[PDB]
Each structure stands twice: as structure tokens, then as C-alpha cells.
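What follows is one structure encoded as C-alpha cells, with my remarks underneath.
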Amino acid sequence: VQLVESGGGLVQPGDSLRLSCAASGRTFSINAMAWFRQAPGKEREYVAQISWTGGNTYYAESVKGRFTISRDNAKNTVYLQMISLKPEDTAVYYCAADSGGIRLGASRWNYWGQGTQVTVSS
Amino acid sequence: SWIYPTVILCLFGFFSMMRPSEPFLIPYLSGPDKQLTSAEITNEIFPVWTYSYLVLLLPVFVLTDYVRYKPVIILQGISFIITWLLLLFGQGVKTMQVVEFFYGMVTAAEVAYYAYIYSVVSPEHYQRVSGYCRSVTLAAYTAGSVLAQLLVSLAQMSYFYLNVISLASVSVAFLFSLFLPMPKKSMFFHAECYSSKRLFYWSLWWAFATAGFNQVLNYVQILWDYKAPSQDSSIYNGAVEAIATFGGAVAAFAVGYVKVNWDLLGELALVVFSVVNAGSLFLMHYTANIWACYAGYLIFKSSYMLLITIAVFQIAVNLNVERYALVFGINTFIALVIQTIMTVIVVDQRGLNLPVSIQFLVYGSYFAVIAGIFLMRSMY
Ligand SMILES: Cc1cnc(Nc2ccc(OCCN3CCCC3)cc2)nc1Nc1cccc(S(=O)(=O)NC(C)(C)C)c1
């Protein structure tokens with residue numbers, strides 16, 4: 001799968017942002033997708049998780065209550081709606097698909113996205 | 001003549017049962033190593049153990065006696081290595097279901113460990129040698145759990161480097177398994193009783209009580225991780241699992257020490273201590289405190305072992321050694337049918353898909369309905 005992101009940018013505090021993730025190419029075997037975050041001078045941080053076959057979501061405690069991750073199998077896209085933004089969120093947001101099968105690896109997530117920039121400030 | 005097969009079999013039992021990573025499983029599975037959502041572990045992966053154990057129980061029991069007990073002990077040692085190689089490097093939800101299947105083999109193949117000794121030792125040196133082999137299994141898992149906590153706490157050892165010690169331990173276990181003498185007779189191949197009032201009655205409480213016990217111990221580390229996530233606060237899984245294992249051992253030992261006739265005090269003692277299991281299962285569910293949830297686990301495990309001992313003692317009072325195998329083999333299979341039906345309806349994703357928060361309100365009430373049925377059965 002080739003995950004390409006969209007919808008980043010600079011938004012003041014209190015404004016929203018929806019980020020997309022168009023998975024394509026081998027989309028037949030996807031059983032979970034996630035969003036990660038890498039703020040400046042830090043490491044990748046879990047932000048959310050959505051199951052493909054079902055719809056069960058799972059959010060990081062810090063971002064829960066204002067982040068919502070939804071699937072759109074019809075078009076194979078994944079969304080992340082972020083509300084009540086504050087200047088401490090600015091990062092680069094990455095997609096991560098756990099494609100499927102019996103695998104040996106270091107990370108649950110096989111393929112990763114390029115990254116989309118959120119610059120919350122004024 | 002009896003010291004060589006027991007020394008090699010006790011060394012296999014000690015090293016195969018020493019696995020520091022066992023208490024820190026859900027903390028490991030739901031961590032940064034194999035990050036898996038709690039609902040994915042409880043409702044998708046874990047059910048696969050009871051499904052696979054149920055299927056691979058009769059074939060392995062018949063296989064263990066057809067070919068000698070040794071061939072199947074070596075199979076158990078292999079399944080130990082495969083399980084911990086996938087538990088270390090395997091990723092995804094579907095690989096963890098394969099790990100559940102291979103642990104069903106590990107649990108279904110332990111019949112040959114205890115059955116092996118009977119066919120390689122004289123009848124007189126059986127109860128004594130059967131005690132040596134059973135006690136070395138408890139000492140290994142109680143010492144292994146204590147080692148896990150003493151590293152995770154005073155040494156800050158990662159959960160990943162506890163499965164490496166578990167893999168190193170079971171790899172040594174599958175080195176003595178190749179050195180045990182090959183038996184020259186089985187029990188049945190190469191070598192109606194339920195009509196008794198006591199044996200059928202005592203087998204039903206055993207089968208029903210043990211089925212719930214396996215269910216409770218199954219989704220118990222999930223409960224602990226729910227009341228106190230491992231990534232936020234300190235979790236004493238290793239110290240709790242060691243004390244509970246030690247406490248259960250003393251409960252079984254004390255049952256055989258006090259000389260009380262289990263006929264005028266046999267049914268009452270199984271309703272009083274079955275109520276304690278229900279009372280201890282609601283506490284684990286209704287309490288926000290993690291320490292009170294640990295204490296409920298101690299009382300449940302200690303209390304249960306105090307009756308499976310009384311139930312087993314009463315079952316095996318007139319049966320031969322040859323009839324223990326095919327009477328405790330049926331009861332272990334009936335308990336799995338009970339466990340599978342409860343797992344399909346309650347925990348399975350295709351069933352009710354209940355989370356672990358509400359599950360213990362069912363397990364706690366499960367033990368309360370067994371006590372009432374065995375108290376309301378005394379009708380006049
Ligand atoms: C390597 C591994 C792979 N899959 C699993 N899944 C699993 C989790 C809990 C299980 O308990 C069901 C009831 N048990 C009660 C004792 C016998 C079975 C059975 C299987 N556990 C694993 N290790 C494990 C971790 C914590 C506890 C247990 S256990 O209580 O079931 N078995 C002993 C550790 C006592 C040997 C086993």
C-alpha cells in the first residue's frame with residue numbers, strides 16, 4: 001500500500017484540521033491504520049488507531065476527546081479530525097498501515113506515509 | 001533405577017516452567033513492542049486458545065499413549081520454542097492467534113509429562129515421584145515470577161528481555177527432553193465407573209469449577225491493565241503472580257494435612273468456598289483500586305485450590321491409576337466444552353464481544369450460580 005497524506009497546514013489556536021490518508025495499490029489486505037506524530041525535536045508519538053474490517057477506534061490519552069479517526073473503505077481513505085488545537089500540537093503527522101498476514105517484524109505497522117505538516121501558532 | 005528418569009524429567013519440568021515473561025504478558029503485548037489494542041487481545045486473539053485446546057485434546061491424549069509418552073514430551077518442547085520465537089519477533093493480530101494455537105499444544109501436551117513417570121517407575125515409587133515432579137513445577141514458576149519482578153523493579157529490564165530468558169529457559173528444557181529413557185509400555189495400547197453416586201457428582205463440580213477458573217485466569221492480566229495501565233503507573237504483576245501461586249500451594253497442602261471426613265463436611269465446604277470465589281470476583285470488578293484487585297486475585301486462586309483438592313481427593317478414592325487417566329481426561333474435556341461455550345457467547349467477537357470491564361460481573365456471578373445450584377440441590 002502507498003499511503004499519501006493531505007490536509008496539513010498552519011491553523012491558529014481553536015481552529016480545526018482534517019487530515020486524509022489515501023491508501024491504494026494493495027489495499028485488499030489492510031486490518032488497521034493509525035496516525036503518528038513527531039513534534040520538533042522529539043520522537044514519533046501514537047495519536048490514534050482505526051480497525052479496517054470493523055470500526056473500533058483507540059486514541060492516545062493526551063489527544064482523546066478532540067481527535068476522531070474514521071475510515072472510508074468505499075474510497076479507502078482514513079481521516080483525522082482535530083478540534084481545540086493549541087500551540088503544543090504542531091508536528092508532522094504520519095500514516096501507518098498494518099497490512100496483514102503472518103509476519104515477523106519490529107513494528108506492527110508495515111507501511112508509513114510521507115508526513116503532513118501542522119503548524120499551530122499565531 | 002528410578003532416580004535417572006525422575007532427575008531428567010524434573011529438570012525438564014523445572015526449566016520449562018521457569019518463564020519470567022509470563023506475568024508481564026499483557027503489559028508486553030499492549031506495549032511499544034507489539035502495540036495491540038486491549039479489545040484486540042481479549043476479543044480476537046485470546047479466544048483462540050480455548051478453541052485450539054479443545055480440538056487438540058483427544059488426539060494428543062490418544063497419541064500420547066499410542067506412541068510412548070516421550071515422543072510427545074519432545075513435541076511440547078518444540079511448541080515451547082515456536083511459541084516464544086513468534087512471541088518475540090512475530091507482529092500483527094493474525095500472528096498472535098497462531099501463538100494462541102501453539103500454546104494450546106503446549107497446554108494439551110503436558111499430559112505426557114505427568115503420565116510419563118507412571119510407565120517408567122515401579123508402582124511403589126509413584127506417589128513419591130509424582131510429588132517430586134509436581135512440586136518442581138510450582139517452584140520453577142514461583143521462582144520465575146519472583147525473578148521477573150526483581151528485574152523489572154530493581155534492574156529496569158525491558159519486557160522484551162524477559163521473553164529472551166523465557167526462550168533461553170525452554171530451549172534448555174528441550175535438551176533434557178531428548179535424554180529421558182524411552183518407555184517400554186503404555187497404559188492402554190501396549191500395556192460405567194461413573195455410575196457411582198460420588199464420582200459423577202464430584203466430577204461435575206470439578207468440571208464446572210475448573211472451567212470458570214481457566215476463564216478467570218485467562219482475562220485477568222487484561223483486567224489489571226485496565227484498572228492501572230502499565231505505561232502510566234508501576235505494576236507488580238510478578239510479585240502478585242508469585243504470592244498467588246505460593247498461596248495456592250499452601251491451600252492444597254493444608255487440605256491434605258487436616259484429617260476431616262469429606263462426607264459430612266464435603267458438600268458444605270464446596271459451597272462456602274465457592275461463595276468466596278464469587279465474592280472475590282465481584283471485588284475485582286467493582287473496585288477502582290489496583291491493590292484491592294490484586295488481593296481479590298489472591299483470595300480467588302487460594303480459595304479455588306482449596307476445593308479442586310477436595311474435589312480431586314474424593315474423585316480418586318477407589319479408582320486405580322489406570323482409571324485416573326480416563327476419568328480425569330473426560331473431566332478435562334467437559335470443562336473445555338463448558339469453557340468454549342462461555343467463550344463463544346461472552347468473549348468472542350462474533351458473540352457478545354463483551355469487554356473485560358463487564359466480563360468479571362459474569363465470571364463472579366458464574367461461581368455464585370454454581371454455589372446456589374449445589375446448595376439448592378439439597379431439596380427435601
Ligand atoms: C506464551 C503465551 C502465549 N499465549 C497465551 N495466552 C493465554 C493466556 C491465559 C491462559 O489461561 C487460561 C487458564 N489457564 C489457567 C491455568 C491453565 C490455563 C491460557 C493462554 N499465554 C502465554 N503465556 C502466559 C502468560 C501468563 C499466564 C499464563 S497461564 O496461567 O495460563 N499458564 C502458566 C503461566 C501458569 C504456565 C500463560
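In the text below, chain A, chain B and the rest are named by the order of the sequence lines, each starting its count at 1. When the header is checked for method, it gives electron microscopy, 3.0 Å. Ligands are counted one by one from 1 in listed order, and the atoms in each one are counted from 1 as well.
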Which of these options (fedratinib, tiamulin, udenafil, gossypol, dipyridamole) corresponds to the molecule at ligand 1? fedratinib
Determine the main partner chain of fedratinib (ligand 1) by heavy-atom contacts under 4.5 Å and name it as in the PDB entry. Thiamine transporter 2
Are any other chains within heavy-atom reach of fedratinib (ligand 1) at under 4.0 Å, and if so which? B
What residues line the site of fedratinib (ligand 1) at a non-hydrogen cut-off of 4.0 Å? B:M17, B:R19, B:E22, B:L25, B:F46, B:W49, B:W84, B:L87, B:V99, B:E100, B:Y103, B:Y141, B:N214, B:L217, B:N218, B:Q221
Write down the organism the PDB entry assigns to chain B. Homo sapiens
Any UniProt transmembrane segments of chain B (N-terminal one = 1) with a heavy atom under 4.0 Å from fedratinib (ligand 1), and if so which? 1, 2, 3, 4, 5, 7
